[PDB]
Number of protein chains: 2
Amino acid sequence: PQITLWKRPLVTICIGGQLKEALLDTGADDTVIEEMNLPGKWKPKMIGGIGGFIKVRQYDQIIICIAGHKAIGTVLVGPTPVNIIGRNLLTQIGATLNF
Amino acid sequence: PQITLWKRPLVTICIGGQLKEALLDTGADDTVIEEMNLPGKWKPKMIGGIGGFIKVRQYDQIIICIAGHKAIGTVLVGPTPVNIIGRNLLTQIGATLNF
Ligand SMILES: CC(C)CN(C[C@@H](O)[C@H](Cc1ccccc1)NC(=O)O[C@H]1CO[C@H]2OCC[C@H]21)S(=O)(=O)c1ccc(N)cc1
């Protein structure tokens, strides 16, 4: 599809068996999902942006369905205000920015 | 151009007549540039990102060239970790997400 940028580019995702709304975010290196009780091993991490840093749990090889497209990779879970699909998964669903 | 996302979508911008590097950021509503001298009037504003809220200087109707494309719009100047070109200006240069 083509997504214009008049509005936030939110799409439906499925992660850990739950549907969420998430931003397709070219400005994010990594995918950051709001606090959820995801199973399995993880590694502590801190990630920084406007305002400072949040503490997240880094999970590897997590399956996510993004707007009907499958992806698998690192997901950071923590107290983000919005669910963020970052470049690590955007590449996997074939996303480009065009102008 | 068409821009893939295996690397950060960094471009050269011209702002205040000065060249800077900035990140094309579909997850940003607004364009936020690091502290710099920029001509004319501004208003104090607060914006929030992943790590909380910061104070910025809001400049309206700023002439900015983004990878050679002309925009004129709002630029927030403040302590952002990274120069970010947000949707307010991505829409001006006709940027869409595609997959
Ligand atoms: C600042 C960027 C270099 C990085 N950010 C992604 C960015 O798209 C966030 C993504 C974002 C979106 C909403 C809320 C928090 C974070 N947007 C953002 O800060 O935008 C601000 C400027 O416009 C406003 O509109 C949205 C918030 C304001 S980030 O969220 O901080 C971030 C940092 C590290 C990772 N792995 C993932 C994301």
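Per chain, numbering begins at 1; letters A, B, ... match sequence-line order. Ligands are counted one by one from 1 in listed order, and the atoms in each one are counted from 1 as well. Technique stated in the header: X-ray crystallography, 1.8 Å.
- The molecule at ligand 1 is the drug named darunavir.
- This structure shows the largest set of contacts to darunavir coming from the chain the PDB entry labels Wild-type HIV-1 protease dimer.
- At a heavy-atom cut-off of 4.0 Å, other chains contacting darunavir: A, B.
- Regarding atom 24 (C) of darunavir, its nearest protein heavy-atom neighbour is B/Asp29 N, 3.6 Å.
- Counting protein heavy atoms only, atom 21 (C) of darunavir is closest to A/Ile50 CD1, 4.0 Å.
- For the pair A/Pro81 and darunavir, a heavy-atom separation below 4.0 Å is found.
- Residue B/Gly27 has at least one nitrogen or oxygen atom sitting less than 3.5 Å from a nitrogen or oxygen atom of darunavir, judged on distance alone.
- Heavy-atom distances between A/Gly48 and darunavir reach below 4.0 Å in at least one pair.
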